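Entry overview - 3C-like proteinase nsp5 with GC376 (bound form) in place.
Naming convention: chains lettered A, B, ... in sequence-line order (proteins, then strands); numbering from 1 in each chain. Atom set for the values below is all heavy atoms of this structure, side chains included, hydrogens, waters and symmetry mates excluded. In each ligand, atom 1 is the first atom listed, and ligand 1 is the first ligand listed.
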Protein chains: 2
Amino acid sequence: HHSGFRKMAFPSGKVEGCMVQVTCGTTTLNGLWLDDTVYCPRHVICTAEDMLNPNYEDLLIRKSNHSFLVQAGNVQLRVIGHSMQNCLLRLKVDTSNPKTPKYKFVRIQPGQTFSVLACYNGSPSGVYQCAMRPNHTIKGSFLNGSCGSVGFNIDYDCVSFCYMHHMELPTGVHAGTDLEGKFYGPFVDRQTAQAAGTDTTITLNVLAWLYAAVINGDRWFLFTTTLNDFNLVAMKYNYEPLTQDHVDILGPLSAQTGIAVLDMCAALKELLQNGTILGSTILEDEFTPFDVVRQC
Amino acid sequence: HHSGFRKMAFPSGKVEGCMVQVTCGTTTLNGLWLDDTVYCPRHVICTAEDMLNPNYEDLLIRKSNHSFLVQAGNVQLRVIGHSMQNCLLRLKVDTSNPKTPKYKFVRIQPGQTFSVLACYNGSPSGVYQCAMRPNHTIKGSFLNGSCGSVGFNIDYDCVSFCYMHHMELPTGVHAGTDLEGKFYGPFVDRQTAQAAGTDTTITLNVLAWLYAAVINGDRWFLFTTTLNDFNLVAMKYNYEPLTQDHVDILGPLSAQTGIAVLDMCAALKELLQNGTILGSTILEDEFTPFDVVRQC
Ligand SMILES: *[C@H](O)[C@H](C[C@@H]1CCNC1=O)NC(=O)[C@H](CC(C)C)NC(=O)OCc1ccccc1
Ligand SMILES: *[C@H](O)[C@H](C[C@@H]1CCNC1=O)NC(=O)[C@H](CC(C)C)NC(=O)OCc1ccccc1
């Protein structure tokens, strides 16, 4: 039986109206236009050679308002102020964006998911769903020219911006900032080898997703266990330890299925100790309990 | 190494501006508002009992322009004409949609992909990527209230609408129409058991996707073969036979990788005859050669 449960992004239209192209010299990336401010990654001011070890304060002294070409489709927005805000530039412009949605800036926590609007040369290209990893990377789909693309959640009428894209690490995963310009994790916007912590599997999301498999009809993977025994297993297999807070979070899903959280933990325990579910021959950890519900 | 290759939907903003809510009696679903026309599934005129065996011509005689409540956010659009167009209603309205994009209607072929904007009560909820299956179903994510949600591709400024959602089959997969109201496949909009052909795997897309794995660094699955020998294998494993047209289609990918199409076919042959690649412990067949390229 085809469940239809799958990764789904939020509708992107509210964010598409906010994307501009920002060029400084021969570097081009994307900017986010909200009211009369355009935010973009500060390494737009870098040349090729600068990115290996940039002195951002120094590179910026050589720039002026007129150094930044901001393009919203056909129009050119006039820059009337520029300043560095952590790893972003804040470019003040003469025109407030009439398509500015209701919005807020949010610093998401590891394990939380969001939608990415991937953009190139200021033009949206595609949308997909991502998670903030325990080691503060995200496993995105980003190519050259994608910096300044943003991640977001929508709640009713309101866009909560949580991510702006800056860089790719040697393992192919991605690092970036919140919209206050502050990197997630220990990363810095320099093109030198940087290592992410080893990456833990998001237990809370695996559990929620194993619930979805049960809500969709699957159950071949269902013994019980205790919190401390499961956490002993989790430490062995690079899963995050479970807390009572997470148990409470899973409450609703546990009711609908009439399956005990700790019974699900015992199923997960066997799977880890032994070795398909909703298709994947592995355990999906980028669905939150929220996502599993919204989608049912 | 994390490739980042993944299913990506088109940005949905152009389509979001076209979605309305259509209610007739106690049945509510989604409509598509383009210029001064609203399209929706004709089973909006059905009650519960009607859907088991509907006489649509007869149910419609009992309706009038004022039977259809069309809601675009706050506004109510006045219906000034209604007619049946195959399995859709065409509802003429007094107001041309100012957010109508450049668009066309396209009947897609099996193997082609498109984005779905899933909607409920006229409000977009999420976006994801789907394929038209060889047996003319799609493996969607649709719940009650989702009918009238549409599938689409975007090429530059232009939306090509290819799907409107009508129904779920007993296996959990989905059936619907193009925007001229014509079902894909042999299905009809009646809630009785209907069987889809057995579903073939889309060889052309599997090959393209095995190319992506090579473009992303993977190669553990790479002997050669001939077209007729591979097609002998394909028939055994419920894969579509390969043609020279498909070989030509794969030309570009074959160049970039410097790997012969038929060499890839030999890799696929072993995998089928023997038994991970870009993550999946199985072979993804809902990426077209187009998608693999656009994303590189
Ligand atoms: C901004 O568009 C760009 C996005 C990178 C390029 C390829 N994939 C991405 O996610 N960011 C950078 O190029 C970044 C700039 C520094 C000042 C931080 N450097 C970087 O990501 O280096 C690693 C890398 C570059 C090119 C291909 C693969 C990895
Ligand atoms: C329209 O929103 C609705 C969408 C179905 C409901 C659940 N998942 C879907 O994709 N379409 C129908 O309810 C359809 C109407 C007939 C006149 C064709 N009937 C239908 O799909 O029956 C099968 C079914 C119903 C409910 C749950 C699962 C399967």
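In contact with GC376 (bound form, ligand 1) at heavy-atom distances under 4.0 Å, by letter: A. Other-chain residues and nucleotides with a heavy atom under 4.0 Å from GC376 (bound form, ligand 1) are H43(A), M51(A), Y56(A), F142(A), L143(A), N144(A), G145(A), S146(A), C147(A), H165(A), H166(A), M167(A), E168(A), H174(A), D189(A), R190(A), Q191(A). Proximity to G145(A) (heavy-atom distance under 4.0 Å) selects the following atoms of GC376 (bound form, ligand 1): 2 (O).
On a distance-only criterion, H165(A) and GC376 (bound form, ligand 1) share at least one N/O pair closer than 3.5 Å.
Counting the atoms of GC376 (bound form, ligand 1) from 1 in the order shown, those under 4.0 Å from a heavy atom of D189(A) are 17 (C), 18 (C). Below 3.5 Å of separation, one finds an N or O of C147(A) facing an N or O of GC376 (bound form, ligand 1).
The shortest heavy-atom distance from GC376 (bound form, ligand 1) to a UniProt active-site residue of chain A, with that residue, is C147(A), 2 Å.
According to the deposition, the covalent link from GC376 (bound form, ligand 1) ends at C147(A) SG.
Within the 4.0 angstrom cut-off, atom 27 (C) of GC376 (bound form, ligand 1) has no protein heavy-atom neighbours. Polar contact with GC376 (bound form, ligand 1): present for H166(A) (N/O pair, distance under 3.5 Å). GC376 (bound form, ligand 1) is contacted mostly by residues of chain A from UniProt domain Peptidase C30. The protein non-hydrogen atom at the shortest distance from atom 6 (C) of GC376 (bound form, ligand 1) is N144(A) OD1, 3.3 Å. Residue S146(A) has at least one heavy-atom neighbour below 4.0 Å for each of these atoms of GC376 (bound form, ligand 1): 2 (O).
Numbered from 1 in the order shown, with element, the atoms of GC376 (bound form, ligand 1) that lie under 4.0 Å from a heavy atom of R190(A) read 18 (C).
Residue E168(A) has at least one nitrogen or oxygen atom sitting less than 3.5 Å from a nitrogen or oxygen atom of GC376 (bound form, ligand 1), judged on distance alone.
Residue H174(A) approaches GC376 (bound form, ligand 1) through these ligand atoms, each under 4.0 Å from one of its heavy atoms: 10 (O). Taking every heavy atom of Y56(A) and a limit of under 4.0 angstrom, the matching atoms of GC376 (bound form, ligand 1) come to 17 (C). An N or O contact shorter than 3.5 Å links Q191(A) to GC376 (bound form, ligand 1) by distance.
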